[PDB]
Structure formats: C-alpha cells, structure tokens
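The chains carry the letters A, B, and so on, in the order of their sequence lines. Here the PDB entry sets the residue numbers for chain A, with the shown residues being 4-62, 73-443, 455-537 in order. By the PDB entry numbering, chain B shows 7-87, 95-213, 225-356, 362-428, in order. Start at 1 and go down the list; that is how both ligands and their atoms are numbered.
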Amino acid sequence: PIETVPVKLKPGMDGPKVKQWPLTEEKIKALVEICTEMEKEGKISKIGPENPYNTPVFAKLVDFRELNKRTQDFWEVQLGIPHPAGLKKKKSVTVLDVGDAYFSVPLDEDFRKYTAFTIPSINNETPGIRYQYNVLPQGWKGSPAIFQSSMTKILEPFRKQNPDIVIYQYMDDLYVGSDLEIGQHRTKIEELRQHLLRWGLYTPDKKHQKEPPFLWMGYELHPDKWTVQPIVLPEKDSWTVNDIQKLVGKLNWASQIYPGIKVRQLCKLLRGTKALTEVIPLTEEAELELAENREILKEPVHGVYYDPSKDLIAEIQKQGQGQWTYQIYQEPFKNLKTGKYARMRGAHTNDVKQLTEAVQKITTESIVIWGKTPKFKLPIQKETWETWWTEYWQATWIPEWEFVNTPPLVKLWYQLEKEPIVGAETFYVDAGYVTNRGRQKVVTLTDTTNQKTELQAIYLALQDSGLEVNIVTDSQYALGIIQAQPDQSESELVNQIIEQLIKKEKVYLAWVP
Amino acid sequence: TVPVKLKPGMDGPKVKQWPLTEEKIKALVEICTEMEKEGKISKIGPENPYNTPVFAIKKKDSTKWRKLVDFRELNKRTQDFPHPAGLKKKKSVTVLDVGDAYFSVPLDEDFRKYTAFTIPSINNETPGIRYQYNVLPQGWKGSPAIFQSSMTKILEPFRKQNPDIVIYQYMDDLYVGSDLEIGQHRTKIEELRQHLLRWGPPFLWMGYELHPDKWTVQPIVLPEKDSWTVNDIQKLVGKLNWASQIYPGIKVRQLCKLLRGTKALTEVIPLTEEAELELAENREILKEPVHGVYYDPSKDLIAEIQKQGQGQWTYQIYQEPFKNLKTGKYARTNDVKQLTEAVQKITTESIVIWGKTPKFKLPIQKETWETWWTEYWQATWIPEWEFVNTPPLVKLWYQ
Ligand SMILES: Cc1ccnc2c1NC(=O)c1cccnc1N2C1CC1
C-alpha cells in the first residue's frame, strides 16, 4: 500500500492515560455499530487490555488534544500557498475531492498503541471494548502532514508519465489542469482517479465533480482568467466602527487586482473612536471615496495568468502623499496582478526612499510568485535617483528600470549645500539663535520635548533668514533628520521646516559639539 | 562513523527557507539530484521537522553553481570539539576549497536529521523537495573536526617536504601561505593540488593570493590645508573631540579659541602659533593605532561598515568599542555587490589573522540584502550579521 511514517511521542513522555466520559446507552449503541463497521475494514482493531493508554470518545469524535500535546512536531503542513497570478493558463482544470483521505493511510505500527480508546459497556461487569487505530485518525497532529506527504509520493509517478498534466495538492482537494482537448483531458482525469484508486483513494466521478470557475481562498479561478470572488459594497446610512473596519478590510483585498481603490478617507473615520459599535457619520470626502470605490467595483476586472515565455513588467505610480500603486504585467494593461504600498519606514522619508522601498517589496513578491524579478517602469530619472543614492548613508540597489514620464514624477524638493555659503548670514542655534550680523531671538516653547526644542530653533532660523543661510547646530538629532532630506513627516514641525527648506535657494547645515 | 551531538538540552534547527529565484532553484535541483544518486543526501519524510536554508552561488571564472547551506544556526548548537600567527606575515596566501573532501566520510546516523534542508518551489505550486545529509556536509562546523585526522595524514608529507609553507584550514577552506616569489608560489600551489589528488581541486578567490604582508591600519586623518575657514575649524574640533575619546592626549583648547565669537562660517582664520603646535601634536598622535588593544580570543569579533561614496567604504574590526583591532578601506557595479565583496574580503582577513569570522553590522535593509547577496557571494562560509542605521557623524569621522 503506502509506506509508514515513523512517529514518536515527545521525549520523556508517555502516551495519554485519560478516562472515558460516561456515555449514553443510545450513544454507546451508535459507537459500536461505527466501530464494528470500522474493524471489519481494518481501520481499527480490538486490543488486549495490556494497553494502559486511553483517549476519550464521543458521538464518532475522538478527542486527541492530549495525544497531540504529547506527539512529536512534524514538518509544517506548509502554509505557503499559490497566488493566482503565478499560474499558467490551462484549457481544462478538474477539482478532485478526496474522501476518507486520512483513513486511507496507515499509521506507524509502533504508534497505534497510543491511539487507544474505549467504548463503555451497558451492563456493569460486562464488556468495555478497547481498540486502537491502524490508520490516520482525524484530529490527530500528524495526519495532515503524513497524508500530504504520502499523497505527494503517489502522484509523483503518474506525474512523470504525464509531464503535461499539472497537479496542485491542497488539503483534501486536488486541482488538475491540462492543455488537452476536453476529451483527452477528461480521459486522463479518470486515468488519475484510477491511479488513486489502486491505493483505494476515492475521488468523485465527473457527474458530481465541481465545475469552474473555482472559488478558492477568496478568488474565482477559471483556467484562463482570474479575479477575487466579487464584492458587494453596502448601502447603509449608519456606519459602526466595526462596519468600517470590515469594509476597509474587504477594500484592501481588492487592491491586488482592482486598480484605484483608496481608503485613506474611510480609514480616517476611525480616529479616536471609543467602541466597536460606535456610529461615525461619513464625511464629504469619505462618501466620495466610498462611491468612487463602489463604482470601480461595479465593473468586474479579471486578471490574466502567467506566460513564462514573456517578460514581466512592473510599473509604479504615486497615488497620494505616502501612497503608491503598481501593476505587474507581460502585455500592456494585461495585468497579472496589481497592488498598493503605503508602508512608511521611519518617521520621515522622501519619495525617493519610499519609491525605492516600494520596489523591494515588489521585487520580493515576484521572486515568490514567478521566481524572477520584473523590469520596472518608474516615474523618476536616473539623475534624481543616482543623486540621492550616491549620497545616502545606507547601501541600496534597484534592478533594471526604465524611466517613464508619467506624472507626478518623483524629485528632490531641495538639497543642502555641500559647503558653507559665502556671504550668507550665519545663525548659531542651541530655543533661540544668534547670527554673525548681531541678530537674535530667544523664543518661548511650552510642552516641548528636548528633541523637539532643537528643531524649533532651526525652524526659527529658517524663518527669519533670507534665501541663503548657513546654520550651525549642536543637535546631531536634527542634523540627521534634515540631512536625510525628508519631504514628508509624521511631525508637523518638520514639515514646516521642510517647507522652509524648499523655499530657500541654498542652505547649509553644520554641526558642532 | 563518529558520534556527534548537539550542545546539552538543545534541539535541532527549524529555520524558514528564504524564497528563491527559479534560476537558483533549478541549479539546486540539478545538483541535489546527483548528490542523491551518489547517496550523499537522502529525501526525508514529514516526521523530520528540522530545517536549514539552502542557496546556490556561482563559482568565479568557472561555469558551475555551488550549493551553499546556511548551517549557521546548527553550528551554534553543535557540541564544541589552533592558529598560525605566522600566516598573517606570510607574503602570499592562496585559498583552496577542500569542500568535496568531506563527502567520502559518512555522518553519524543519529545526527543526520539535523541537516534537513529544503528546496522550494515557485509560488508554492509543489510541496518542495526535502533532504538530509548522509555524509559530512560542507559548511558544518563538525565536518572539519571530524575530518581533521584524515587531513593531517595526507598533509604531513608536504608539511615536512615543504615546511617553508604554512597551511591553515578553516571550514571548507585551506589557506596556504609562503614568502616565495608569486611565480614560485603558483607552482608549489598547483603541486599540492595533485598531491591531494594522489590521496584524494579549486581555488577560491580567482586563483589569487592574498598579500596579508601588505595589510595596514587606516589611521584617522586630518585635512591638511592652505587657509582655514571657521567651518573648517569647526569640523576639525568636532573630529578631534570624537577622536579624543580614543587618544586622550589630544587637546583642542587652542583650536576652540580661534572659534570664539559668532563669526561667519566662511571667514578665513589664520591660525596662531599655539594652535599650529597643538594641531601638529594631535596630528602626530593620530599617526598610529592607539597603544594597548589586544585580541581576546574569548570575545566576539565585530565588524562595522560605513558607506563613504563613489564606491568607497570603511570598516573597522574590534571587540570593544573604540578599541579597534583593525581598520580598512574598500573601493569597487552597485552598492550591494560592493557590500558583499567587502564582507567576504573582511571575513577572509579575520580568518587569516585571528582564525575566526566577525559579526558584521550592515548599512542596508534586510529585505534588500536577503534579496541580492546570494548573487555576488562566492565564499563557502557565512558570517553572522545584523542590520543597522549608520550615524552621519561616524561616516564623517572616517576616510
Ligand atoms: C487552486 C489552484 C492552485 C494551483 N494551481 C491551480 C489551481 N486551480 C485552478 O483552477 C487553476 C487555474 C488556472 C491554471 N492552473 C490552475 N491550477 C493548476 C493545477 C492546474
């Protein structure tokens, strides 16, 4: 039949010795009919009360919590799953369901002892039937793995005699596609159900098998196109904090295919909310957004599948301050997948840093769906990039990319002078300043942190100065912040400074102990 | 087979496998499929819960892929089992990859499960091939030790028939030193190659010689300049101050004095006599590594790098802050490529000098690093590493 996977209990641990709950003569009756049907099929077998282990049964459910707590760990039933975009179209695709899947496979002979349970007697000093499993008990720790594992082992053969047939194994289901004519396709599928039958693995026949599209893990899978199972936007007039959370949630999921989905305004609605059932009224911008999404959703878009023969193009756009959108395709607008990126790494950044980070995310994502990186189309020119890169303290790398003139283009809104500016006033800051020209202002700040006091000073200087300044400061903090040439900030003060900076012609910042 | 065990109470590794590019994957498939046929490795079942990350790297001016197994975690949990201070003085050293030697020695059957590794599939469309080693694996700290004996033997002839040569082995590498002429060297090297074939072969680093005899410390430097502006001086004092924490003999008193008043940055300042002499001394003080720093073998060897620019980097190897065992420079491509090349370079030096690898501090983002390093990596070992945010002031204070 199939090999047997050697199991073991965790070290220094004995099998489960737990008392069977008192049953019912009505429930005892059913268990015995079930356990007898089963022993005639070999799945189980009466044991000699030589066995001191026991696992609770009820009505047929067997509670293996305890055994599981004592059973060795197995290799992950792998939680990584395919993304529809990484698929190559097939003409026909058949979903093969598996019944008794688990019961179909044996169990390490030396382990069965541990799977013991007892069917109580009806009369006091009469029986009290004892058994053990010879197969894979559902609810058991190792079943899913041994199964998958074993399953895998079986298809391998068939798989090599049919390199045209593609098979994905997912829990008790089994997706099988091919580029064969419906007929030869339907043929192999039986060739398969057979191969699986030689190991007594029941799969339903074509009459009952499920038909396409295939609604898998929130997707709608055909053999030539893909989408996420369509979504309905509520038309409520009263919105609960929870309602919004759920909506936002759903909205996201869309983004991997539906281009243009925004949630900034809906998200804003959560600020300060005090209970999952609190009702928040919609804002003008919020409903505008909701409607725009609703609209975008009305029209169903479907994603195309992967054609390894062709290149992968990734194209990125700035959709807002801090928002980026992208799409990856092989043929123009012939999307495989789309997506957004709002991740802000650091309290302050610039589009260059952000765009670059956006590229990494994408890159990573591709090596995973396609095992290769795409050729990028970006709204920034090499000169701008290089400039930044070249002068940033962190090592960075962007693959093959083509500048694409799609506004808004990303640029550096300002650059600090690399050397003091000749004949430009010199401000010395420590909340107040002093210039070489005699000017000064010692201002007042309340509720200000140490770090935030420093930045205030600099702001002053920037304020009162002309289009060219030299600014000396002892704050390594501030220096750092500004030297990173951010253009957006979580902090308001910064943003104000940033505004100054951009206005200037030439600015020089220096540090002193 | 010799019994090997994990350190008391420790279990085997269960590290996730970083996703790989189809290219790298097929290379590994091709490779592993033949390692199986040769019974070096064996497919394993679900009852094995362990795992280690594998990667495919390329051989230099060679057309084959090398399989690299990140046995870092494992090596840390494997039971514990010297070093020629003469090597670092040798004029020439060549590094060889004696990795394939290990494959003739079987691995204790009960340790095997710990070497489990996995070959991923693209987009998780297939479970993923799983294996464990049957023979000593390249990269495992146990393999050299376990092979030590068999090594000394086949090496005792050349060691006495050519004791002008120093030979050091670190993991899969053999560091062969000498003072001969670069032509005599390359020859004696080639011979050892067949002398190893007799008793059975690659060189790492482009069939090239490290010239450790030519490794020096990058002293801290000061701008020598015609006229000195206020800015110039401010930078000067700042640099000095930092540097004063290392060399306490440094005084800035006079320099700081040319700075009284709130003068324009660009205003030139002719320096006084006292100032000039104070600089002279400080300049003299920095002419050499600080006295007192010694290599503690019981401590971690740390290595920080800084990006300077134009393809230039600065590193410093130490055990205790400010107390540098070595400082260097590296100059060229792209940032990453360069970075990796520096790491490998800096590691090789650490091995040669102290026979140990450093713990790097890197100026890059993990995701980016995880993504590209394997592309330019060629070494057979893998240093440890963490990711940091270099301070603009430190980059300033070097090169
Ligand atoms: C859920 C799933 C996971 C992985 N691959 C597939 C599927 N299901 C499909 O419907 C599918 C669609 C298009 C191409 N391959 C597909 N299949 C491949 C097996 C024929």
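Among all chains, the one with more heavy-atom contacts to ligand 1 than any other is, according to the PDB entry, HIV-1 reverse transcriptase. Located at ligand 1, the drug is listed as nevirapine. Other chains near nevirapine (heavy atoms under 4.0 Å), by letter: A.
For nevirapine, the residues with heavy atoms nearer than 4.0 Å are A:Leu100, A:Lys101, A:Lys103, A:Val106, A:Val179, A:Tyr181, A:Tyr188, A:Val189, A:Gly190, A:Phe227, A:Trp229, A:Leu234, A:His235, A:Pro236, A:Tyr318.
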